[PDB]
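A deposited model with cilomilast.
All residue numbers in this chain count up from 1 along the given sequence. We read in the header that X-ray crystallography, 2.2 Å was used to get this structure. Atoms within each ligand, like the ligands themselves, are counted from 1 in listed order.
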Amino acid sequence: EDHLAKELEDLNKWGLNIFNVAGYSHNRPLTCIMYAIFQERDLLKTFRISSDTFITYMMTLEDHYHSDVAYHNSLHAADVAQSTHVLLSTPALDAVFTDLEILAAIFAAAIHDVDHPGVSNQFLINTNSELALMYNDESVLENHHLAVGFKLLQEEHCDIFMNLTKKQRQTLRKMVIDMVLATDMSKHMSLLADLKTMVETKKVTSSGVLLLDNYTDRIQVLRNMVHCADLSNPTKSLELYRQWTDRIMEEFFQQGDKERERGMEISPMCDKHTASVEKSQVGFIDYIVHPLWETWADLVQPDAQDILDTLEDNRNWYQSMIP
Ligand SMILES: COc1ccc([C@]2(C#N)CC[C@@H](C(=O)O)CC2)cc1OC1CCCC1
Ligand SMILES: [Mg+2]
Ligand SMILES: [Zn+2]
């Protein structure tokens, strides 16, 4: 209450603590933060989005994330939206993004894992889930999260975009689909390779601000930005990172259990009887998170040096916790 306001003073900062805000908001981190983010950015005035209409949509959306899922609940969506909101304000990207694009990125982050069941794309495919069948085994969950988020905008009471242009609604729809689809981990290497190529030919106005010529280059940076926000736990303060690490291992171990019950092959990192939580996080930083953040940092330097320091430091805490 007074605690909520104290915590939201950190809204524009990486150091924001999303657990605390959930505790001070009747367990509505995502509504809480989306509302804070949208007032902070004047998005409601700019796009003539009624306040009531926005709250009802956000509340419904949060309710569609599942509370009995360890990691992929409304707290995570709120984290990615907040992380994303800070990254959009990085100095190197200053006057680069239209208000529509900014709106699309934060909306994308908000809905990006909605209705997630606490199991991977691979599991849904191997068990012949209705979702895998619906989606022909390709970005199964990701296609689903989009389908749900765009469905909920259909009833006029929740169409936060009622007042955009037709041409504006389409461009947003195109951008959001593109960004959520890019959170699919199977596409990570392809995305990281492309990010490295964009860094190679990077250009700036002279004031250390990137020159991103039309749609292609702009959506590529937004794709990677939301993907970075989604893989941002290990760049956050250690107290936060450990709670996030603990929640993701609870989700995985539950999957390992659901896998075992059914005689399926259990995947090593989902095996509670063999998986080292610590080695597991070190591998995650070495082979996935650091290579990505190292490249993001190159693109916006030196805006993300602090983050790389924290990362390299959290990496060592986990290393030092293994014999
Ligand atoms: C804080 O630790 C983690 C946080 C998020 C993730 C995910 C990845 N990559 C799991 C997969 C998820 C997805 O594709 O649905 C995206 C997020 C994975 C994490 O760690 C994994 C499991 C243990 C080490 C690697
Ligand atoms: Mg996801
Ligand atoms: Zn996610």
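- In this structure, the ligands or chains belonging to cilomilast are ligand 1.
- The chain with the most heavy-atom contacts to cilomilast in this structure is named in UniProt as 3',5'-cyclic-AMP phosphodiesterase 4B.
- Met249 CE, 3.3 Å is the protein heavy atom nearest to atom 22 (C) of cilomilast.
- For atom 4 (C) of cilomilast, the nearest non-hydrogen atom from the set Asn233, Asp184, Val119 belongs to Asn233.
- In the candidate list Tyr287, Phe284, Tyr318, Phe284 is nearest to atom 19 (C) of cilomilast, counting heavy atoms.
- The nearest heavy-atom contact from the protein to atom 5 (C) of cilomilast is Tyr71 OH, 3.7 Å.
- Checking distances under 4.0 Å from cilomilast turns up the other ligands and ions ligand 2 (magnesium ion).
- Annotation: atom 15 (O) of cilomilast to nearest protein heavy atom, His72 NE2, 3.8 Å.
- Within chain A, the UniProt domain with the largest share of residues touching cilomilast is PDEase.
- For cilomilast, the nearest UniProt active-site residue in chain A, with the shortest heavy-atom distance to 1 Å, is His72, 4 Å.
- Nearest to atom 14 (O) of cilomilast among the protein's heavy atoms is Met185 CG, 3.5 Å.
- Both criteria (UniProt 3',5'-cyclic AMP-binding in chain A; heavy atom under 4.0 Å from cilomilast) are met by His72, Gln281, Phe284.
- Ranking protein heavy atoms by distance to atom 24 (C) of cilomilast, first place goes to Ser280 O, 3.2 Å.
- Within a 4.0 Å radius of atom 11 (C) of cilomilast, the protein contributes no heavy atom.
- At the top of the distance list for atom 2 (O) of cilomilast, counting protein heavy atoms only, stands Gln281 NE2, 3.0 Å.
- When distances from atom 7 (C) of cilomilast to the protein are checked, no heavy atom turns up under 4.0 Å.
- Neighbouring residues of cilomilast under 4.0 Å (non-hydrogen atoms) are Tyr71, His72, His116, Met185, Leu231, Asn233, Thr245, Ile248, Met249, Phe252, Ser280, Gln281, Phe284.
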